[PDB]
Amino acid sequence: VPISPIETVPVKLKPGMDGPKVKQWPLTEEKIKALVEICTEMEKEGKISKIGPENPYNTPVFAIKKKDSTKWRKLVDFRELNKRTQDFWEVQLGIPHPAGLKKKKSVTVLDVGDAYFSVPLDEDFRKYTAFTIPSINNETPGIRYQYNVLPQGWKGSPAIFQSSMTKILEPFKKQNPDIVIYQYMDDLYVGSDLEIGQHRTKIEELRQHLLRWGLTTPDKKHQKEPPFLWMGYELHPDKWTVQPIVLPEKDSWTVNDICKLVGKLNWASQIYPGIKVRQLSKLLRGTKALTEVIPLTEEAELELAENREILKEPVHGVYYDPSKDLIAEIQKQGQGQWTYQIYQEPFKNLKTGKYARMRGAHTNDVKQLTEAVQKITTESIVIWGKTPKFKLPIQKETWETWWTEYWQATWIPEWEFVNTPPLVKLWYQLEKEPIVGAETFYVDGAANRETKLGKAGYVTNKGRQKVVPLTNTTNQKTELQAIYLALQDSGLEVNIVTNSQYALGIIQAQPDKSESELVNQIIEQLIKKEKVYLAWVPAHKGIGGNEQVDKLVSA
Amino acid sequence: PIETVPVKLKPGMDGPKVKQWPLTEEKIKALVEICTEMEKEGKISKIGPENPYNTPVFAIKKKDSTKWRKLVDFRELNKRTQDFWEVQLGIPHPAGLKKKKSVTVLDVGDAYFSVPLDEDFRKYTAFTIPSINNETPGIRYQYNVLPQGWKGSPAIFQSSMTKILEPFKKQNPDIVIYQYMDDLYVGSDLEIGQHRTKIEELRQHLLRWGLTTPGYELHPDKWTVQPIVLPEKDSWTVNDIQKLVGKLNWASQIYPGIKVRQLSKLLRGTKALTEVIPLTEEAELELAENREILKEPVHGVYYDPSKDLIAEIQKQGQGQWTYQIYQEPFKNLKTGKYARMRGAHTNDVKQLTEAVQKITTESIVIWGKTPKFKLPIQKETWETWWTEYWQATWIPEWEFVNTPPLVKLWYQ
DNA sequence: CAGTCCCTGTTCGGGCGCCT
DNA sequence: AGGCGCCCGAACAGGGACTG
Ligand SMILES: Cc1ccnc2c1NC(=O)c1cccnc1N2C1CC1
């Protein structure tokens, strides 16, 4: 008989399946001498058993290495067992952001030892465990066994650990409502607003409640070690920061250099305000090999520079104070780049960030701003569970003019103006009504699908005509192309009649930038006009001077 | 100690594995305080990592209510229990429900907590209550009783419902009673005073049969359909005639007898948009003849039970929104318009949410079915905010649309 | 009809960043 | 091996207008 520590979790197998039988796979010859013995250790501790007849089960070995160890860490490969094992609801839904933590006077870290082996495996599932690995080189064929606990590298380990741990801590927490625990893997972080000494009272008193379940908490735990280093972070009860970032100064630039580069900058953006990655990410466009050679452009270097001076001096984030309001303020950095700071007390930031993403073929600043605000709200809910009050570089009339006109439902939550140029503006507006005494250009274009050849042109009420031949084009491009002509050849006020639903759709959303140089050009002319009224009629209905410019280009 | 109706996921498909979306601390508090009570009452109970299923959950306040209601998004589950409800047990849809001068909607969902649930099915009701900033992991439960908002729940409790109501139906044979999920639709041609009284009367019955019930009225006899209409003009510009012909050309997908021929000829040369052109009689007669075909019905438009409903919404500006419910393009079972809904002139998303709820409602009262929406909104925008404006116990199906305005012509 | 194209938006898959 | 983020490209859906 062995004995029975802590409540057990039912485990099935993917219905209509059973345990694996496998051939061995290579592992280093030196370290493999250590385990021949180690199995004999566990027998006595309750971690192992064996049977001769009952196991048609065999498993190989493939492992992963960790830096900063004074001793070597073992692994076993269940990959065959895994695929044959039931799925679990994963316990890790992601990780807390330092910036979401409340300030705690006292913060300690207990590390659970023999964490995975401290948890009883399901009685009835134990069997599927049998395994074999090379002796030293080898002599005799081998031997085998079964697991009484959670095996390293099994699909179900992290999930079942996490739930048991949670289950244990639960009764403690209810008896200590104002302590605060967090579990990441096998480590617990505890914190309180009690006095520095009386806090350590509860730290041992908790080491008690964990022991009562067979969970060992050594004294390597450090109250005097904090800052604690956790997943790239440095944490003091009062303030947090990213762990120090080393930006390559390398003269040699490989597309893989710029990559590692960008990723670090992007990681820097949660804290150091104003990082821009735009031009460096452009280098990466359409390259075949990750080992390829690339030169740095002036913009990308002018950017890389500005970023380096930001990292020069250090910076730190504060923590969250539920009593005080949340504030998110956004600045336009140009080239469709955006930055934001989220703070409570002025000039002390909880966190920062960028929004650079250019979404759609043709867009404008209002849209891109609306998008950043949505990014920020989403992030804010995850982290603080509430929406920040927004400080935005946009006139309340600018915004009102946009959203009430746009065809889509669009919204920004409660927000106020911050006059911090560049301000967000609408660069032109289309008239809602025909412009009296403006020339009226009827425009059309056509191209031939086969020859990619076509023509773009117009007719006006004044008798003015134009037709321009075009090479290597499409039906759409010519319709854009005709509107372009009509803008160029018209005075400061003009009415344009187009039958292109495609074209009308782009222009009407009042784009300020485009992937497309032709649309960009339409935009530049549009910004120069005083008044532009743009109308649509159905094609081939024998309408207006639409039938006429249709003949001209269909010719 | 009573029976339990076994239930099964229709062939081939698994339990819902859908991820939980972030909640506000507000809503996270309300769920914790709501679930602990439902645990104490043994309605739900904690579950382990051995159960790999999840349905999303959130909370809402019903219109004019300061109390938090728990809400599960069972859409994914409901899709995978479906053959069970539709093919197995039918609910006759009163064609009269829509004609009643008044219809009140009562929340009977509470009744469902009585019946036990097939122990084999319970693993599919799994839902996580999330933590702010991921500080604790999720509190995961599963349903012991019949979960509110699941499609089997109103089904299995069907017998029991039909029973408790039979006393009332007999004394009031002229009152119409429909049931869609957690909701009970009750309507009558009675004057509102005695209506509100007859509803309380209905409230007591379920009150004495072991149910609780937290105006609600709709007025279906008054529901209007929004027709297409051509403007009335004294004098017509080229531009007017142009917008007219184009609109008429569109409308003619719906009504084949529309003609633009004579109105078209009016536009012949290349003329200034703002130039004023007089209307010929041959066109004048064509325009007047069209206005006629637009007062008619549409040949061959009728609801087909087997096909799904589809609803389209356009934002018209200045608080107006237009919609059309149809099963096949250009054949509309209904067209309508909404205005000055909450949020008008301030929040678009609030207004669209309001719209989707009013549309879904009429859709249930009329065909006893919720429509699939095409929403004039960005996916992320809608998803980020809709949960704030949601006052209903069901959740229609939706997809996101970008349709710059030439269909904006369901309203001037 | 189709069947084709042209264009645009979304969604997925890969490379880094941070980590197990 | 997977989680969360970014930027990029290539794939895939689907909506109109032209080919006939
Ligand atoms: C790494 C980590 C993750 C999640 N929470 C915490 C921590 N560790 C802390 O450094 C911490 C710091 C300040 C406040 N809470 C903290 N805690 C909470 C437990 C008191």
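In the text below, chain A, chain B and the rest are named by the order of the sequence lines, each starting its count at 1. Side-chain atoms are counted along with the backbone in the values below, which use heavy atoms only and exclude waters and symmetry mates. Both counts, for ligands and for their atoms, begin at 1 and track the order of listing.
- This structure shows the drug at ligand 1 to be nevirapine.
- In this entry, more contacts with nevirapine (ligand 1) come from one chain than from any other, and the PDB entry calls that chain HIV-1 Reverse Transcriptase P66 subunit.
- By chain letter, the other chains having a heavy atom closer than 4.0 Å to nevirapine (ligand 1) are A.
- With non-hydrogen distances under 4.0 Å, the site around nevirapine (ligand 1) consists of A:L101, A:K102, A:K104, A:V180, A:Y182, A:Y189, A:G191, A:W230, A:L235, A:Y319.
- The deposit names the source of chain A as Human immunodeficiency virus type 1 BH10.
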